[PDB]
Novice: 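Drug: salicylic acid | Macromolecule: Anthranilate phosphoribosyltransferase.
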Number of protein chains: 2
Amino acid sequence: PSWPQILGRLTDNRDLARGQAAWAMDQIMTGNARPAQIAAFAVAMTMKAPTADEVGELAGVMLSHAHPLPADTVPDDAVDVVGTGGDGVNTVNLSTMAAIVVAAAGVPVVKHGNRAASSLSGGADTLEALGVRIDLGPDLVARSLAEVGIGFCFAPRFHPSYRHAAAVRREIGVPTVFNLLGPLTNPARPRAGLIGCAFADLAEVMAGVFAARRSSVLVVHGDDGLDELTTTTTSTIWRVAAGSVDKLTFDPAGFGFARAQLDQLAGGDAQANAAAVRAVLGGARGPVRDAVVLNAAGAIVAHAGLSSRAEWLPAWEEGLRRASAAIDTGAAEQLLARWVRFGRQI
Amino acid sequence: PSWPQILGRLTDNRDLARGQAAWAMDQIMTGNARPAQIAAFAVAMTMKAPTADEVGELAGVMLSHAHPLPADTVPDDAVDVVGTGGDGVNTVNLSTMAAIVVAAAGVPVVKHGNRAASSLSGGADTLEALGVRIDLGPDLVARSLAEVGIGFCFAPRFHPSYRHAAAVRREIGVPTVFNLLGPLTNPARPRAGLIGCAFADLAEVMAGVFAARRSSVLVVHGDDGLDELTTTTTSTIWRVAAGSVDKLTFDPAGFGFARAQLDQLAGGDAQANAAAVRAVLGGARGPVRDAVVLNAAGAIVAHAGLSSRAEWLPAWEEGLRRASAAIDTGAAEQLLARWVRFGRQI
Ligand SMILES: O=P(O)(O)OC[C@H]1O[C@H](OP(=O)(O)OP(=O)(O)O)[C@H](O)[C@@H]1O
Ligand SMILES: O=P(O)(O)OC[C@H]1O[C@H](OP(=O)(O)OP(=O)(O)O)[C@H](O)[C@@H]1O
Ligand SMILES: O=C(O)c1ccccc1O
Ligand SMILES: O=C(O)c1ccccc1O
Ligand SMILES: [Mg+2]
Ligand SMILES: [Mg+2]
Ligand SMILES: [Mg+2]
Ligand SMILES: [Mg+2]
């Protein structure tokens, strides 16, 4: 294989042969690709329209190179809540808030995340401002998960060989297929997830990658453009269960949610977004809470799907009940406090 | 303007706004673009499908930055004979041989060229092997043109600010829109040419760029893949005259040319290809001579097109007669000897 061969095939608008995307990603991950080659590959793949097979190869290479968690430290039913980012709408950190609530409901959460790329504050930035340690290595993440019920895998700490690709992503500035890889490369490899996709025409490809792994996952795109389950309108959901993908339209009004305006979900810098986390966890009513509860419930539904006996509507009602109770009893607020203390106590 | 704006527009499969391609190329020509940005741009433009407006912007910027020839040193009727290269068929240097014969017939030739990229020996490599000075500056090319009837503009000598783009083209090694720019950026700006295009679906775009300049040009693509008029089969010609483009198919059998096999046109390293030039100019009959006479006649037809009185069949008959006579009288052989002497006597 070679760059001229692979890039030529993509510019001819042809799908790659089996193993070609993997070869490319591995060249990229070993410091063996020129920045120009990395860029051409990212752009060419994006414009051809990447297939699930191709994206799965990219993600697989990344997972091969990632720092893994220690054997037997990740519960079989661990869940992630994370999105591509890049929806362009500056919101509060919905996935991060949802993840805390989910953990507090008793679902183990190993969250993958990163700093902002185009937003004012990313999940990692907001966690840092809350006093949560985002610098933890494999062993300490495993301990966080066991002792607190949640662990945070900071993308740059677990994927050091992605350095070169990350740099090129920053330089070119446009979204590419690389923007899909974060949610697909959690180093703890959880089998369930609520996965947000900002790019409506690539969400089905992300869902195909999860289906290949037989994950129980909801890939979500709010019909307003959010990489989260939205409260402002319907959301498209690509449901992954039993190795197949199901596309459906989701309306939170069907569960009693009131239509919000995007303005109401608006965020700020790390300090502002941290304050919004404390506000929700302290029981504050309103649009932000509603959005947090809905997404927390979505992750609980994904967790439920790890069993083939899970039914859609009863799963959602249970998810909503559990998410609401985890906040209302103060369990979510206490969990955050316990998470902060854990990192301080080394 | 910005890289994210421009690259995003391209990845959304949209034509650029007027001036955006020019902004991009200017950034690239001023050393202000990262290699990743250069590559993303070249690739994204290629996969979107470039327009003549866009390619015309890129070439315009390059021509802005190029060393010009001194005022009033290029005859109004000078012609170029040059191709994109990249046909991936190792042939003798047909454009370069054609250019010598055309100059010997008395049509002023200011030829743009470069060393090999893909092939064993490019036009510049073969001229060097023949003893021709290939890297003369503006004043000396002007003198060569006046005194010998032909001048050669070496792309790296006249387009020094293209070095970063050139480097990226080499690194990524798949053709992009940049592969079109050589024949479109002759620094002497001759108004006529025989212009080869290896890429069947980009030839019409090249022709549109020349149309916008009101050049008299035949853009040619051999139906066997050659970026020259072939003798093995038909060629597609995009004829540019009076600011418009006419698509034609051309069959040299209509002018008495026997079919050749492509291996009959095969070349080798610069020494071999130099020997091939000497063989044709010394009156050797055979397939190489036929392909040379045909291409020289094409260039003479383009020159004739600078008049609105030019008629297609008479022009080809005159071109063929003039090209053959220039070889047979020994004028083409003598012009090469004189060109070699000129460079030695500077
Ligand atoms: O700056 P952007 O490109 O828009 O990305 C915003 C955030 O979205 C992703 O994380 P995640 O879903 O985990 O964070 P969230 O809590 O902000 O939803 C990404 O890692 C960023 O942290
Ligand atoms: O290595 P490649 O990418 O295939 O390019 C082969 C040659 O074709 C172009 O020139 P030109 O048309 O002047 O050369 P020619 O005499 O070989 O036809 C290009 O400048 C190279 O010199
Ligand atoms: O975004 C990443 O995952 C990353 C990884 C390694 C180095 C820098 C980075 O931004
Ligand atoms: O090929 C070119 O035009 C070129 C131009 C400047 C520097 C190096 C180069 O190869
Ligand atoms: Mg999110
Ligand atoms: Mg989001
Ligand atoms: Mg040529
Ligand atoms: Mg050629």
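A, B, ... follow the sequence lines: proteins, then strands. Residue 1 opens every chain. Remember, it's 1-based here, ligands and their atoms both numbered in the order they're listed. Values reported hereafter were calculated over all heavy atoms of this structure, with side chains retained and with hydrogens, waters and symmetry mates removed.
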Novice: Just curious, which ligands or chains go with salicylic acid?
Specialist: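 In this structure, salicylic acid can be found at ligands 3 and 4.
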Novice: So, with a 4.0 Å heavy-atom cut-off, what else is touching salicylic acid (ligand 3)? Just the chain letters, please.
Specialist: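 Within the heavy-atom cut-off of 4.0 Å: A.
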Novice: What do you see: which UniProt anthranilate-binding residues in chain A have a non-hydrogen atom under 4.0 Å from salicylic acid (ligand 3), if any?
Specialist: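 Of the UniProt binders, a heavy atom is that close in A:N114.
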Novice: For salicylic acid (ligand 3), indicate whether the residue A:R170 contacts it via side chain, backbone, both or neither (heavy-atom separation under 4.0 Å).
Specialist: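 Only the side chain of A:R170 comes within reach of salicylic acid (ligand 3).
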Novice: For salicylic acid (ligand 3), which atoms sit closer than 4.0 Å to a heavy atom of A:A155?
Specialist: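 That gives atoms 3 (O) of salicylic acid (ligand 3).
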Novice: Any atoms of salicylic acid (ligand 3) less than 4.0 Å from a non-hydrogen atom of A:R163? List them with their elements.
Specialist: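 Those qualifying, in numeric order: 6 (C), 7 (C).
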Novice: What other ligands or ions are found less than 4.0 Å from salicylic acid (ligand 3)?
Specialist: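 By number and name, none.
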Novice: Please report which non-hydrogen protein atom sits nearest to atom 1 (O) of salicylic acid (ligand 3), along with the residue it belongs to and the distance in Å to one decimal place.
Specialist: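 So the nearest neighbour among protein heavy atoms is A:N114 ND2, 2.8 Å.
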Novice: Applying a 4.0 Å heavy-atom criterion (strictly less than), which segment of A:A166 is in contact with salicylic acid (ligand 3): side chain, backbone, both, or neither?
Specialist: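 For A:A166, only side-chain atoms sit under 4.0 Å from salicylic acid (ligand 3).
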Novice: Which is it for A:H159 and salicylic acid (ligand 3) at heavy atoms under 4.0 Å: side chain, backbone, both or neither?
Specialist: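 Under 4.0 Å from salicylic acid (ligand 3), A:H159 contributes backbone atoms alone.
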Novice: Please list the residues near salicylic acid (ligand 3), using 4.0 Å as the heavy-atom limit.
Specialist: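 With heavy atoms under 4.0 Å, it is A:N114, A:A155, A:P156, A:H159, A:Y162, A:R163, A:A166, A:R170.
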